[PDB]
Protein chains: 2
Amino acid sequence: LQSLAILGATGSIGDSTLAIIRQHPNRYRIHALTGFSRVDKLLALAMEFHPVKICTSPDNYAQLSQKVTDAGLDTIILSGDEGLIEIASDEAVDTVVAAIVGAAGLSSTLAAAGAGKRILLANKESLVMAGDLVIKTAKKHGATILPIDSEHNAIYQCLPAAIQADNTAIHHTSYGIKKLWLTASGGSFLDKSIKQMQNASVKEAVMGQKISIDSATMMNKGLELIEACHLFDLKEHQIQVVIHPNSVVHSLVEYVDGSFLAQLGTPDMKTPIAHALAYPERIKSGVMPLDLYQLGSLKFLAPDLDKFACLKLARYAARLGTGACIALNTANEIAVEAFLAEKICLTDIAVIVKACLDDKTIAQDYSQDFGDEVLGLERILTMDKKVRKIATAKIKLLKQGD
Amino acid sequence: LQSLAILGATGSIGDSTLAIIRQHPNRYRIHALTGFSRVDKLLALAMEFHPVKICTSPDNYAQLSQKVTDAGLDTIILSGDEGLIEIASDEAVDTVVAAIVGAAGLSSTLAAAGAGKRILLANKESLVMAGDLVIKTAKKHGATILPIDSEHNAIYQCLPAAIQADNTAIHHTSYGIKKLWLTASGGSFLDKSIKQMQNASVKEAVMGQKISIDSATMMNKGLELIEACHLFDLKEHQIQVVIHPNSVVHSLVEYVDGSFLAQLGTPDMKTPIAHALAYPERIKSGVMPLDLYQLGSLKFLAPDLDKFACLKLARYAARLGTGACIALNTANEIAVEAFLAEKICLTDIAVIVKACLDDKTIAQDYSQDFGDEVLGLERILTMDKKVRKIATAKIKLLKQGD
Ligand SMILES: O=CN(O)CCCP(=O)(O)O
Ligand SMILES: O=CN(O)CCCP(=O)(O)O
Ligand SMILES: [Mg+2]
Ligand SMILES: [Mg+2]
């Protein structure tokens, strides 16, 4: 079999993954699961799969330990940064599913990499924030990364085996990769006007909120752009976007003979997770298959970059390097929270992000060696900390009109 | 480099192929070209590429030899069945492009197979008429077959390398192939009624007339169905059809996790031919790439099998085996000629084909061993000869009302 650890097990990615595990008892054993906030769900999961370890936040450690004992469970309870690292570097773990969202997840993904683990990557931060470092660390120690997000996974499925196994192979001209194409639904304001977009908020949210806001601004796709440059070892000019409201075509690889290879699917994350889990093999995933007879019509159009400024910004960030990508993201974080808490207009998200990318204070730190074996991570998190301060300030100043 | 022979070099497939050759002098040398009717074009081609051999029909051998001499050309002139076989089995030929359409091409494709040649298959008859024999012969002697028709080539691109190399691997469950999907444009009477379809003829004809008629009846797709069963080693139930009027999606492979892999392209045959030529490598093909920004909307719907009876018939033929497939095709041939010469209605094509599949006279020969190393080919051509007689009779009887 294969011993698994799911970092961030109480959300969507966790549900989908564990559903497959149930259908495949004989292939995948759970060794560890984690959850920062959702203690009862974490507990429920623990009672079901009997993991050798679990981890939660520092604040919840005591309650969780008390609960774990009140249930008569053999399971070790960890907490915080340290517990994530232990689980990700554990010698009894063969495969890690990195599903923690946010800067708090980097150290464990880096750890899985350090320890040579198979990694099923399911958060954007690992490569948006720690791009060079994650990839360098994986190569050095022989980790394997396999993307789970729908777009990256489609691209990965549509690339020849040699490039799947060694992403730097994409540069040998014989494989004839010309460019990658990311599809994007255009979010909830595709058909609405530039003027209707300056307004809120249940409208903007209609399916998690932040990610749904990112879909409506198109920051999600810029982020995926930055991730793709690292995942598949390209620069941004080689990766283009097409809008595709239906979201049936998950992405495409263009080859130099004119062949576009593409993955089509439903939204069900069990498809990409099953592919990644069983790679190079395939297994039943338990999804309701896409019905080719009921697609009606798949629309495609060019992205309106004036409306979708976050996408231009992200590409601008990708050109500059790890520093501005750190800034792009952290700023988006603060700016999205702001909109959700009704402090800004939807269109200000981009105004704010731009302001931070340009800030003289932020730029002095771009030239730093964020890829460094030894101080890389410190410098990333320091940069993250700095940009929240500035982004927060920026939101303040925007409101008065500065 | 790689020595090539193009059987049937004066049509579309020939043009497209030779265009790629020109862009790639350093990779592909022409050793032979053939052409049954188009003597001057054949000659023009000969004067350009300086082939070591050419072949034409028996009737045109003399004029062509005279012309070849009047041009001061070193080239050997062959003719008929024998000349095709010589070219296809020639030790100086590494790769054969089987582009001859019609029963007259089988012996040379079998010969290429017998001699261990790489074959770029570009006619339907080889597998529709000589399915088991072609595939058995190729395996025994180590020929490699690579389809060039747009649908089969898309499927082939979308199948893992091990199944590309050995089509019987599609049965190991680890590769997780669930089913193949052929796309079909629905031809020129998709939106028109069952009643408007009973009428002709420039309408039915708006590549060639026959193939365009086959598109309008959907016999082309039934034929492709039968070919796919042999190419990819499946039975017909495992291969489904979806109508797709835009013809951007050339076909899809469905995997057990819900992943549909697909090839998108323009109609330009240089795409599939370049893929097949360079396999496993890729090369520039010289096409105007598909423009993802100008697709507007790709429609998909289920095939209307009442209107598209030829498709039901072909699947019925595929169930029975090589005999009924021979009959299906030969009958279609005669029935299409008939329509083109204004002897029948478009809808009678299916009436006629059905009549022949069901004919007691034809059925006695189904149980024959059409796959036999030694008498296989004789029995196929004999069956072809027989079905023209019957189909011709059938057309006669239909007109009076019997
Ligand atoms: O993996 C799926 N997503 O990240 C959701 C994509 C929605 P979008 O195409 O609007 O970015
Ligand atoms: O490869 C190209 N063709 O076979 C033409 C397909 C037209 P159709 O889908 O109507 O059979
Ligand atoms: Mg995504
Ligand atoms: Mg075709």
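Just so it is clear: chains get the letters A, B, ... in the order the sequence lines come, proteins before strands, and each one is counted from 1. As the structure lists them, so they are numbered: ligands from 1, and atoms in each ligand from 1.
- At ligand 1, the PDB records name the drug as fosmidomycin.
- Of all chains here, the one making more contacts with fosmidomycin (ligand 1) than any other appears in the PDB entry as 1-deoxy-D-xylulose 5-phosphate reductoisomerase.
- Other chains in heavy-atom contact with fosmidomycin (ligand 1) below 4.0 Å, by letter: A.
- Contact annotation for A:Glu151 and fosmidomycin (ligand 1): only side-chain heavy atoms (C-beta onward) come within less than 4.0 Å of the ligand.
- Checking distances under 4.0 Å from fosmidomycin (ligand 1) turns up the other ligands and ions ligand 3 (magnesium ion).
- For fosmidomycin (ligand 1), one of its N or O atoms has an N or O atom of A:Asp149 under 3.5 Å away.
- The atoms of fosmidomycin (ligand 1) that sit less than 4.0 Å from any heavy atom of A:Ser215 are 10 (O).
- Remark: distances from the non-hydrogen atoms of A:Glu224 to fosmidomycin (ligand 1) include one below 4.0 Å.
- Per-residue contacts place A:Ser150 under 4.0 angstrom from the following atoms of fosmidomycin (ligand 1) (heavy atoms of the residue considered): 1 (O).
- Of all atoms in fosmidomycin (ligand 1), listed by their number and element, those nearer than 4.0 Å to a heavy atom of A:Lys221 are 8 (P), 9 (O), 11 (O).
- Among A:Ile243, A:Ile148, A:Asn220, the residue whose heavy atom sits closest to atom 5 (C) of fosmidomycin (ligand 1) is A:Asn220.
- Counting heavy atoms under 4.0 Å, the binding site of fosmidomycin (ligand 1) comprises A:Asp149, A:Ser150, A:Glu151, A:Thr183, A:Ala184, A:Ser185, A:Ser215, A:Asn220, A:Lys221, A:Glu224.
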